[PDB]
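Check out this one - 9-cis-retinoic acid stuck to Retinoic acid receptor gamma.
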Amino acid sequence: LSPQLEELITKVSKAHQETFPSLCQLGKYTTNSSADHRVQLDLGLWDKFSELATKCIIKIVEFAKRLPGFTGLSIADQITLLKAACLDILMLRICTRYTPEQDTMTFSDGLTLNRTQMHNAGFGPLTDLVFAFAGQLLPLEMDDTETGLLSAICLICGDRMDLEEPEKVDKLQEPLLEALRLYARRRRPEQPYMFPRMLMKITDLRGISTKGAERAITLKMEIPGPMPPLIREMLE
Ligand SMILES: CCCCCCCCCCCCO[C@H]1O[C@H](CO)[C@@H](O[C@H]2O[C@H](CO)[C@@H](O)[C@H](O)[C@H]2O)[C@H](O)[C@H]1O
Ligand SMILES: CC1=C(/C=C/C(C)=C\C=C\C(C)=C\C(=O)O)C(C)(C)CCC1
Ligand SMILES: [Cl-]
């Protein structure tokens, strides 16, 4: 045991909780927009969804800047990491707020959309794969600390193309991996496969995000103007 590792766990947990409202703390609310049938795109829903996405991108940057050592990387490397991982983290975030009984996902302001509305907001042919990912995330029963640490591990990764100092990024990731294993095993000692299961979710997350990037291309043709600039920074 080391005090430094325990401090890292709590720092990351706090950074996550303070940039990602929990489903339980949110005042959920609904919309009646295009709620029953799948359409190509409901522009009202796209407007609301894309605005929320911009806000969450800013929150993910805020989260990143609170991760120990992140701001010690070159600005170029910080941007490179954020561009590489933002969509992964957005996916993890929305899927964490999945309510299976109601077949809904809840955004950071409490906006709660059913599957059809998620489709109509822009997810389109990606919707059911996203819900399937959320469904397969559930049994892991991850808590906020674990979700925070996993998000940090997804972001701080030395394999990203065009990194100036990949070995430096590698070194920053090391304690995050150690922290997640220590925490996961302590919390649920009778479920020792939880750590490796969590790590394998990273690969699943990358897979769904690649599909997300593909969806963005087709979505660009359906929208009446360009996507919001921070969304373009994430995708383009
Ligand atoms: C994925 C690609 C990544 C590319 C890197 C982009 C990093 C840019 C992040 C913005 C950094 C500056 O952030 C600073 O100004 C932003 C714009 O006024 C604010 O951004 C936002 O803040 C509020 C709460 O987060 C939001 O409800 C508002 O939409 C907006 O004002 C930040 O609260 C502020 O701390
Ligand atoms: C942004 C964006 C996309 C993905 C959004 C995802 C995957 C999650 C959004 C999460 C939010 C916005 C959570 C919150 O508010 O807590 C897709 C690929 C559809 C293409 C259009 C732009
Ligand atoms: Cl570009």
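Residues take their numbers from the sequence shown, with the count starting at 1. We use all heavy atoms of the structure for the numbers below, so side chains are in, but hydrogens, waters and symmetry mates are not. In each ligand, atom 1 is the first atom listed, and ligand 1 is the first ligand listed.
- Mapped onto the model, all copies of 9-cis-retinoic acid cover ligand 2.
- Around 9-cis-retinoic acid (ligand 2), within 4.0 Å by heavy-atom distance, are found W46, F49, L52, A53, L87, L90, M91, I94, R97, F107, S108, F123, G212, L219, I231.
- For 9-cis-retinoic acid (ligand 2), the main contacting UniProt domain of chain A is NR LBD.
- From the protein, the heavy atom lying nearest to atom 11 (C) of 9-cis-retinoic acid (ligand 2) is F107 CD2, 3.7 Å.
- Remark: 9-cis-retinoic acid (ligand 2) atoms within the under-4.0 Å shell around heavy atoms of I94 are 8 (C), 10 (C).
- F49 CZ, 3.8 Å is the protein heavy atom nearest to atom 3 (C) of 9-cis-retinoic acid (ligand 2).
- Atom 18 (C) of 9-cis-retinoic acid (ligand 2) has its closest protein heavy atom at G212 O, 3.5 Å.
- Summary of contacts: the protein heavy atom closest to atom 22 (C) of 9-cis-retinoic acid (ligand 2) is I231 CG2, 3.8 Å.
- Shortest contact from atom 6 (C) of 9-cis-retinoic acid (ligand 2) to any protein heavy atom: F123 CZ, 3.8 Å.
- In terms of polar-atom proximity, defined here as any N/O pair under 3.5 Å, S108 does make such a contact with 9-cis-retinoic acid (ligand 2).
- Nearest protein neighbour of atom 1 (C) of 9-cis-retinoic acid (ligand 2), counting heavy atoms only, is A53 CB, 3.6 Å.
- Given atom 21 (C) of 9-cis-retinoic acid (ligand 2), the protein heavy atom at minimum distance is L219 CD2, 3.6 Å.
- 9-cis-retinoic acid (ligand 2) has no N or O atom lying under 3.5 Å from any N or O atom of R215, backbone or side chain.
- Source organism of chain A, per the entry: Homo sapiens.
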